[PDB]
Every structure is written in structure tokens, then in C-alpha cells.
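Model: 3-alpha-(or 20-beta)-hydroxysteroid dehydrogenase / ligand carbenoxolone.
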Number of protein chains: 4
Amino acid sequence: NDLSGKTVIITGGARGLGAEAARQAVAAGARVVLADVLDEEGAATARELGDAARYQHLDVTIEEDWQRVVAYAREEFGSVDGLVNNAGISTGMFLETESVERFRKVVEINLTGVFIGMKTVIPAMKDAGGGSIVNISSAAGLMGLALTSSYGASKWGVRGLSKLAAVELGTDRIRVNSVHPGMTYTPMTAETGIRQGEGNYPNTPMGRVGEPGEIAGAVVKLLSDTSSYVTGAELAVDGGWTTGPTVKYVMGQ
Amino acid sequence: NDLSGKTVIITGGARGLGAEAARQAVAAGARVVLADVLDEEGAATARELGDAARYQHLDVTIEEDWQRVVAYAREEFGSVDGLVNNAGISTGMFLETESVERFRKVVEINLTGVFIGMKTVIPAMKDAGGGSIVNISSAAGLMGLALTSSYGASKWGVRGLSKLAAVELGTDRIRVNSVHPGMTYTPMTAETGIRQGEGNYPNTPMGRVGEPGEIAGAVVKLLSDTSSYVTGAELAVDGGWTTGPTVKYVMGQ
Amino acid sequence: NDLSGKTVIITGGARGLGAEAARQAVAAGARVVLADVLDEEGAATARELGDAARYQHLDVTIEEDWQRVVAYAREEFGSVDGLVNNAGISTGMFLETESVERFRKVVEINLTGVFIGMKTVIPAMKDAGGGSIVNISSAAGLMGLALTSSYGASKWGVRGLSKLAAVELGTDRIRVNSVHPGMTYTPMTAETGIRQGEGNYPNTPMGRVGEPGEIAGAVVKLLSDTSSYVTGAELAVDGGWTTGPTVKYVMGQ
Amino acid sequence: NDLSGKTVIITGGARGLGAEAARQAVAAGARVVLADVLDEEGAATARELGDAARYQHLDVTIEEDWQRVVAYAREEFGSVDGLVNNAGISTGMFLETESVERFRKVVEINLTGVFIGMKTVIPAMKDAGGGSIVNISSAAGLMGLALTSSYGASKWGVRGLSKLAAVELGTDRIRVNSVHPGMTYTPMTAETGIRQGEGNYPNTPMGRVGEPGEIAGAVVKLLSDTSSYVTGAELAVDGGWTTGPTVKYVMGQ
Ligand SMILES: CC1(C)[C@@H](OC(=O)CCC(=O)O)CC[C@]2(C)[C@H]3C(=O)C=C4[C@@H]5C[C@@](C)(C(=O)O)CC[C@]5(C)CC[C@@]4(C)[C@]3(C)CC[C@@H]12
Ligand SMILES: CC1(C)[C@@H](OC(=O)CCC(=O)O)CC[C@]2(C)[C@H]3C(=O)C=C4[C@@H]5C[C@@](C)(C(=O)O)CC[C@]5(C)CC[C@@]4(C)[C@]3(C)CC[C@@H]12
Ligand SMILES: CC1(C)[C@@H](OC(=O)CCC(=O)O)CC[C@]2(C)[C@H]3C(=O)C=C4[C@@H]5C[C@@](C)(C(=O)O)CC[C@]5(C)CC[C@@]4(C)[C@]3(C)CC[C@@H]12
Ligand SMILES: CC1(C)[C@@H](OC(=O)CCC(=O)O)CC[C@]2(C)[C@H]3C(=O)C=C4[C@@H]5C[C@@](C)(C(=O)O)CC[C@]5(C)CC[C@@]4(C)[C@]3(C)CC[C@@H]12
């Protein structure tokens, strides 16, 4: 079992993967503080989850926004036990063609938003007695994914920040691990023409693209005390994408 | 949470981490076959797990043995959906010190013996339509652990066999992943001088050693369908021993 | 041996290992372009290395400072074949301590800084028939290193960027790799209490720290044509520091 | 730099990688000792390098063979400085397909073989006051390579034996590093239908198969004092095979 009688703040929780993550966690008996910069939906989402949700606005790149939400969650539910740095943005383009400003923007949200997320929540956690900080990274943060430039650098930096942090916080019973989903089906990626459904994606050994229910079960698992001895680790959720080239690619075509 | 309402053979399951994943998974709703070389212990252990547990003598390096336990599982139970490869033997000495004969024996039980398990059981899983192989590797398989010689090489072989098999079985619904515990508290390790408790093992970030219950949960999670997209992955359950040096170390002792 | 009778610009070139890499690249016939921000000391050095080198002021974070340095070399030796992105600043503090402002500051100098160099110098290398990008990183980008926060974070970022740039640039004859030097005895490091010599640094299997000359050789080897088939690679140059814990640590002291 | 004045025993030196590294090593002043099971071809190859080469018939799985050649090296030459474990056979068949006899056989040459090699030479090197052991692994040791069954499980095992040894021996001045070749143009790989040349392998970022002079050079560099601080490392000479998938593969196509 991966149950939860605690409170957790999930970022980028209005739509996408954060929405699912939150859906399952509340299902898991936890109370959730969704946080996004897209109100309309965060409002609805929490409005769907029920009495165990509460949506807050949160511009992940701002420590003020950050401290505000932390307090509010300590204030409302009485504790901050888990975090889910899930907010960020994609970069699909040939590095030579990327602008130094967009670059500065993806890293900012992807990389710093995460750090500002962690050092803020650490005190509320030393308070609880411990915490679980699941940073949602990517398959791209595990191998050199071409065409992800700024997205690539950031996601690899989230991977290292979660490790050093894991080392420093250990004695505090504060775990820090990264999750790395691969090509997962959602409306952002939907605009990428990703053939959803079994066997519809041939460049992953599993032959198919993952769905969010899949990546979310991983987060929750770590959020729980099931994994009371897991810290500074990386869990890829990509149907083998990252393990090695599939057969066809190895055969030479 | 994770539900394993299916069939699983556990290698080395009569004591320690094996028996632990035995009892825990049964609780999870699975039907377990304790395959092990200790008849007396495996008998007692299975005896106490109810009509959900069976004991069958198994020498991991004997292929005849394998085809029996696999056939009995499928006959007696109806099929085989998961295999937890937990059997092996440790090494604690400087490489130049190890006899080539010891070296081969260990690498035989640890690496070759999991190969038979995978090569054998595969046809039982393609049948049922899929399943999960969970190879119990080690912290000695994620970084170079000194003094482990044959066990180091052994376990790294498992991290690798695990991966290649996943890229191969990907599209047959057969899932394979490695599980890498760090200093866990087992009889084999109690002898060593290891002691459980907060602050009892400085040289690992969480300051202590894990118990088997914390490792099994990583296991049940992979066996369960909840991880239906985690293939060719490697999860460490070592309180950060493996993630990077300890603070004290990064500076100086 | 490793020959490089070609031209390369060296970022952070005025001092320490950026100065040693230049001292070496020149010895091997390189037309070296030292580019730092210490105009006064960078002129002393390029002066010292003779008529094989020039000095340019390069603020790594400014897109034009970058285009001018390239344009200077370009219209100076013929082309741009190699590039060593060595400029950066360190971080010695727990994450909870680093301000989000210092965080942005360091990351801007370490990550983006090297990115601006990659896309700026690229067209120069295309018109040169290809070449090699050598991104200096460190043990901090190879494992979770405590007390580095932003430096650990950007260093992992320069690792993941090298690789993605590698797969994208392969066909135009551009090789991208990251060197990963461990505790080396440079200017900034002598102030810590770091003593050079054998026996002096017990927490690395070699029991010593590295003089910059040993780190330089990797730069050059990767800059020469002797490594024509090396791309997306990562070479640790730390005396074993990131391979695994010291035997003493493994046994608990 | 890349100039030897030391004596090095290369294994599998009758033909291929061993043959190339032999030339170059000798070309950099190394007195080399070729070891092979091909008594006819190596004696030929040796006659080529001159009076700085020497052939011996060695069976890697025979410790007695090992103790003999190592004795001979220190007899004709007086010391043993390097070792290049290049012996080992391949595999290219699915897991379930391969026998338990062949597996135990490829493992024993590829893995146990390097083990005796390492265990027999270490003393000859302490006597010498230092040495460099280069174990030749493979891109199959770096990722889960499909159809490489037993060959994978040993290549991954050599990578791990290299690291734990590097640490056990560091303060002794003996470096252990693994090299990782990707699709390299040798006879059988050519007899695999591998069309040599630029652009002839679309499934590797560099778009081609490597040449042996290209893997030889990296072995040469790691064998010298030009990497005195390189221990516990792993270098990959694979044209980007390992960094990550082809742009084409990321787009799918
Ligand atoms: C890891 C996931 C699956 C994704 O995954 C998550 O689940 C997000 C959660 C999160 O962000 O935390 C976030 C971004 C992403 C890294 C993604 C991206 O960035 C942009 C593109 C581009 C689209 C396209 C068609 C074009 O250029 O038009 C072709 C080129 C290119 C580069 C390849 C295909 C994708 C779709 C690419 C690389 C596939 C992998 C992908
Ligand atoms: C892999 C783990 C962490 C452990 O792993 C698990 O618990 C999980 C997986 C599994 O159970 O296989 C199983 C035991 C073990 C292989 C272990 C062992 O055996 C014996 C010794 C020796 C004990 C002792 C007292 C001596 O013998 O002199 C002192 C010297 C010496 C050499 C120190 C190092 C250890 C402690 C050594 C090699 C470290 C790694 C260790
Ligand atoms: C990455 C390397 C190995 C180093 O790397 C190199 O030498 C090669 C690569 C490169 O040059 O970048 C560059 C500097 C450095 C980042 C380094 C640093 O900055 C300052 C300190 C501090 C010194 C001191 C006295 C204090 O300040 O309080 C005591 C506390 C503290 C926090 C302990 C650890 C180190 C030594 C710390 C963070 C460890 C990692 C270290
Ligand atoms: C590790 C390297 C890259 C190689 O490495 C080197 O080139 C030397 C350097 C080193 O030592 O790694 C040694 C051979 C090998 C492991 C190799 C092999 O064994 C046989 C085949 C077969 C060729 C072919 C056409 C068939 O004939 O059926 C189709 C099916 C099949 C199974 C797949 C592709 C390869 C070519 C396969 C598995 C790809 C990986 C390959």
C-alpha cells in the first residue's frame, strides 16, 4: 500500500501531469495544495478533488509567492510533509537556433523554480520532523536528448540538485528523489502528433507511450513512507526509452 | 497503493530480504513460491504463509531445478507473473585476495543463476501475457564498492543483464528492473557488526542502515501493475549511500 | 601523441587550469586565444606563452562579448577549431543558505555562459570543417556533492548539455565532451586548507589532490585529432573521487 | 604526453583492437607483449613491430597461463607497467535463445578472464611501484544493448570490476579504467555487413563506424603518465552512440 494521511503541495497542479499526481494523492488520503499560474483551472481542479484540496496561485520563480504558499499550507492543514516540483516548460529546437533569453527563461522556471521551491519548504519540513521532495525531471534529464537545449540543461540540473540536497538533508529524515517520465500523453505533447495507444510509439521498447496514471503512481509511492529508505535516487518512468536503443535501431535501421 | 493479485516465484525466499518480500507480497494479494536451498527454514516460513505460500527446493545454478519450480508454479497456480531474483552470496575481501575458484562460484550463483531464471521463466510470462522480473542487485552494483570483488562484478552484471532484457522483452509486456539496496539489516549482516537505529551508520546520509521491510516495499511496488511503464530502470534503496559522499567526508574526518 | 596544430579559444584563460590548458595547448602547437575577465593578469600570461597566444576580454554572460572574441580569433588565425569553456565560479554552502540571487548569478555564469559559447562558436567551426567543444565540469556534475548548491546544479547542467549538443552536432564534425576534474590545487582552492602532495587528501582513493597539469592533458587529448571518434563522452579526472568510497569509508573507519 | 617508455602486455593482440593498440603503443616506445590463443597470427604480428614486441600463447581462463606470461614479461623486459584486457568473444542473440553453457563460457572469458588478469599482474606492478590497467569493455557495458546477452552481462561486469579495483588500489599508484568501444570496424563486424566510411551508420550521431586506430589512441593516452590522475574512469569511443539517440530517432521518422 502507498497511503497518505498527510498534506502535500504539488506544483503545476492545475492541468497536465500535476493534475493526475494530485488526483491520486488525494485518493491516497492526503490533503493537497495545488499551485499554478493558471487560476481558471487550478480553481476547477481543486473544486473537483473535494475537501482535501485547496488551490493557491504560485509563480514558481518568485520566492515571495513561494513563502506565501508554504505558510498557507502550514496554516491550513497544519503541516508540509511532501512537495512535488512539477512546474516547468519544454524546449524543442536545434540549440544553435535558441535565443539566450528563452534559454534564461526555461532554466529559470525549470531549474531555479525548483530550488526556490526546496529551500523554502525545508523549514516547514524540519518542523514536521521530515519530508519527501519529489522533483519531476525527465527522460531528457538522463541522456543527451537532442532538440531540448535549455530544457535539457535544466532537467539535468534538477537531477543533480536533488542528489546533493539528498545528501545534506539525510539526517533530518528529509528525502529528495527525482522521477523521470519519458514520452507521456498529454495535450501539450498532443500538439506534437504523438500516436497514443498501444504500439503507437515505435522508438520506446514498450512500443507505446505512457499515460499520466502511470507516472503519478511513481510520485505517490515515493511520497509515502513505503519508501522510507529511498533518497537521492532517480526513477525513470519511460517504458524503457532510456535503457538502451530498441532492437530495430541496433539492427541498423 | 500497490496490488499484486497475481503469481510470483521468489528466489532465496526462506530468510532475510527474500522471506520479507515473501510475506509482504502475500499480504499484497499475491500467490508466492518460496524457492530456496534451506529446506527446514523455507518449510517453516511457507507453513506460516497459508495456502498462498508454497515451498520448493531450488538451486539457482541448476537449470533442471528451474524448469521444475517454473512448471510447478504454472501447474499448481495457473501461471507466473513475477519473479524476484533475490538469491546470491556476498564477498568481503580485497580482489587480489580472492581465489579464482571462489570468484567463479559466486559469479555463478549471482549472475548466471539469474540468467537461468530469466531465460527459463520467460515462456511462462509471455503466456500469461506479461509480467515483472525484479533483479535484486546491490549498492555494490551502482558504484564501485571496494572489498566486494566477485560480488561487485556479479551485481553489476545483473544491472546490465536486467537492462538488455528489458529492451528485448519490452513489447511482450515483460517488465524487468533492478533493485539496489544498500547496507540492510539481515542475519548475514548482523554478524558483520552492523547495528540498526538512528545514527548507527554515519557513512550513509540517513545515518543508519535499512531494514528488510523498506527494501521489500520497493519490490512489491515493481511487481504490482502500478509500475506499468517502469522497465529497464534501476532503483536504489540505500539512504543515499550511493548518491554521493557524506558531508563529513566532503570536508574531512 | 596528441597533436593540435590548430586554433582554440580558452574561456577563463588567464588563470589556474584555464592557464595550464593554454600552457599545454600552446606546447602542442595550438594558436590559443585566452579570454578571461582579468585583463591585467590575462595579458601577463598570453605574454608569457609568447606569440602563439592573444588575450581578449570575454564576459561569458554577454552575447556580444562572445561574438567579438570569436571574430577576433577568426580574423586572426584562420578559424576556430577547439573551445574550452572553463569560466565559472564556485559555491561552498548548504542549499538552505544560498540566496535565490546568488543561485541565479552562479548558474548564469556556469551554464548559460557555456551555452552562449556553444551556439556562438558553432558557425565558426562549421566553416572550419568541424572541431571540438570541451566543457569543463567537475565531480560536482558526476554525483551529488554536498555544499555546492548552484555550482552542483549548473555543473550537472553543463554535463547534460554537452551530450544533447553531441548528438545534434555529430555530422558537422563537431565533438562535444565534458571533462570532470576533482579536487585540484588551483588558486582559489589553496585558501581552503588543501595541501598538495601524496597522503594529503585521504578522501579520494588516490589519497592526493591534482595539480592543474594533469587536468590539462585531458583537455588537449580531447582537443587533438587523436580522439576523432569521441563524442558525448565524459572524462572524470579526480583520482577516483567519484568512482566510489574510500576503503576506509566502506568499512566505517 | 602519449609516449610510453614502459612495458605493456596486451591481450587478444593477434588480431584487431589488440593488434592496433599494439602498433601505436610500440610506436610510442612501449615494449609490448602480445598474448593470444592464435599462436600463428600473433607471432606474425609481433615480427612486424620489431624487437620491442613479443608474442605468448595465453588462455585468459587459465590462471597458470597468466602467471607464466606475466613472469615472461618481467623476464624479457624486467617490469610490468600496463595491461590491456582486450580478450573476449561476442554474442548477438536474444536472451531466451542463448544456452547456459555458452553464457557461462562468454562470461568466463570476458569477465573471469579480466579478473585473473588483474589479480596476477597487480603484484608485478606494486613491485614496479605503479601501473595502468586498461580493461576493454564496450558500448554494451554502458547501456542495455539488445541481442548482446552474455556479452552484455560481462561488459557491464568489467565496468564494475574496474571501479572497485581502482579504489582498492589507488594509493598504490595503480590506475584501473575501462574503455568502451561502439560499432568499430574490425573483420567480423565488417563480416556483419558493416559498410565502413563516413555516413555509413545513420544510427549513431557521428553517422559512421569507428576505426581501430581511434580506439587504440584512447588506450594509449590512458596507458601514459598523461592521465596520472585518471583512475576509476570510463571512456567511450563510439561516435556518440552512447550519449543519446539520433535526432531522427527522437523525431521518430
Ligand atoms: C520528456 C517529454 C516527453 C516531455 O514530458 C513530460 O512529461 C513533460 C513534464 C514536464 O515538463 O515536467 C517534455 C518535453 C520533451 C522533452 C519534448 C520537447 O521538449 C519538445 C519536443 C519537440 C517536438 C517536435 C514535433 C517539434 O519541434 O515540432 C520535434 C522536435 C522535439 C525536440 C522532439 C519531440 C518533443 C515533443 C520532446 C523532445 C520529446 C520528449 C518530451
Ligand atoms: C553489499 C553490502 C552492503 C551488504 O548488502 C546488503 O545487505 C544488501 C544486499 C545483499 O544482502 O546481498 C552485504 C554484505 C557486504 C557484501 C559486506 C560483507 O559481506 C563483508 C564486509 C566485511 C565485514 C568485516 C566484518 C569482515 O568480513 O572482516 C569487515 C571487513 C569487510 C570487508 C568490510 C566490507 C563488508 C562489510 C562488505 C564487503 C560491504 C558491502 C556489504
Ligand atoms: C568542486 C570542488 C572539488 C572544487 O573543484 C575543483 O577544485 C576542480 C573543478 C573546479 O575548479 O571548479 C572547486 C571548489 C569546491 C566547489 C569547494 C568550495 O568552493 C569550497 C568549499 C568549502 C571550503 C571551506 C574552507 C569554506 O569555505 O567554508 C569549508 C567548507 C566547504 C563548504 C567544504 C567543501 C569546499 C572545499 C567545496 C564546496 C567542495 C567541492 C569543491
Ligand atoms: C558491441 C558491438 C558494437 C561490436 O563492437 C565492435 O564493433 C568492436 C568493439 C567492441 O569490442 O565492442 C561487437 C558485435 C556486437 C555486440 C554485434 C554482434 O555480435 C552481432 C550483431 C548482429 C548483426 C546482424 C547483421 C547479423 O549478422 O545477424 C543482425 C543481428 C545482430 C545480433 C545485431 C547487430 C550486431 C552487429 C551486434 C549485437 C551489435 C553490437 C556489436
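Chain lettering follows the listing: the opening sequence line is A, and each later line takes the next letter. The PDB entry numbering applies to chain A: residues 2-211, 213-255, in that order. Residues displayed in chain B correspond, in order, to the PDB entry positions 2-211, 213-255. We're sticking with the PDB entry numbering for chain C, so the shown stretch reads 2-211, 213-255, in order. The residues of chain D that appear here are 2-211, 213-255 by the PDB entry count, in order. Both counts, for ligands and for their atoms, begin at 1 and track the order of listing.
Other chains contributing a heavy atom less than 4.0 Å from an atom of carbenoxolone (ligand 3): B, C. Looking at C:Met189 against carbenoxolone (ligand 3), only its side chain comes within 4.0 Å, counting heavy atoms. The entry models no covalent bond from carbenoxolone (ligand 3) to a chain. Both the backbone and the side chain of C:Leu148 come within 4.0 Å of carbenoxolone (ligand 3), counting heavy atoms alone. For atom 6 (C) of carbenoxolone (ligand 3), the nearest non-hydrogen atom from the set C:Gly153, C:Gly183, C:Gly89 comes from C:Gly183.
Taking only non-hydrogen atoms into account, the UniProt active-site residue of chain C lying closest to carbenoxolone (ligand 3), to the nearest 1 Å, is C:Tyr152, 3 Å.
Distances from atom 23 (C) of carbenoxolone (ligand 3) to the protein include at least one heavy-atom value under 4.0 Å. With a heavy-atom cut-off of 4.0 Å, carbenoxolone (ligand 3) reaches no UniProt NAD(+)-binding residue of chain C. Residue contacts with carbenoxolone (ligand 3), taken as heavy atom pairs separated by less than 4.0 Å, involve C:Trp243 solely via side-chain atoms from C-beta onward. Of the residues that UniProt lists as binding substrate in chain C, those with a heavy atom under 4.0 Å from carbenoxolone (ligand 3) are the following: C:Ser139.
Neighbouring residues of carbenoxolone (ligand 3) under 4.0 Å (non-hydrogen atoms) are B:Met253, C:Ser91, C:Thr92, C:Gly93, C:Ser139, C:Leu146, C:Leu148, C:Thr149, C:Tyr152, C:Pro182, C:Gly183, C:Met184, C:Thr185, C:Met189, C:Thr190, C:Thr193, C:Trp243.
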What does the N/O contact table under 3.5 Å look like for carbenoxolone (ligand 3)?
unit_1: carbenoxolone (ligand 3); atom_1: 7 (O); unit_2: C:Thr185; atom_2: N; d: 3.4
unit_1: carbenoxolone (ligand 3); atom_1: 12 (O); unit_2: C:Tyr152; atom_2: OH; d: 2.6
unit_1: carbenoxolone (ligand 3); atom_1: 19 (O); unit_2: C:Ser91; atom_2: OG; d: 2.7

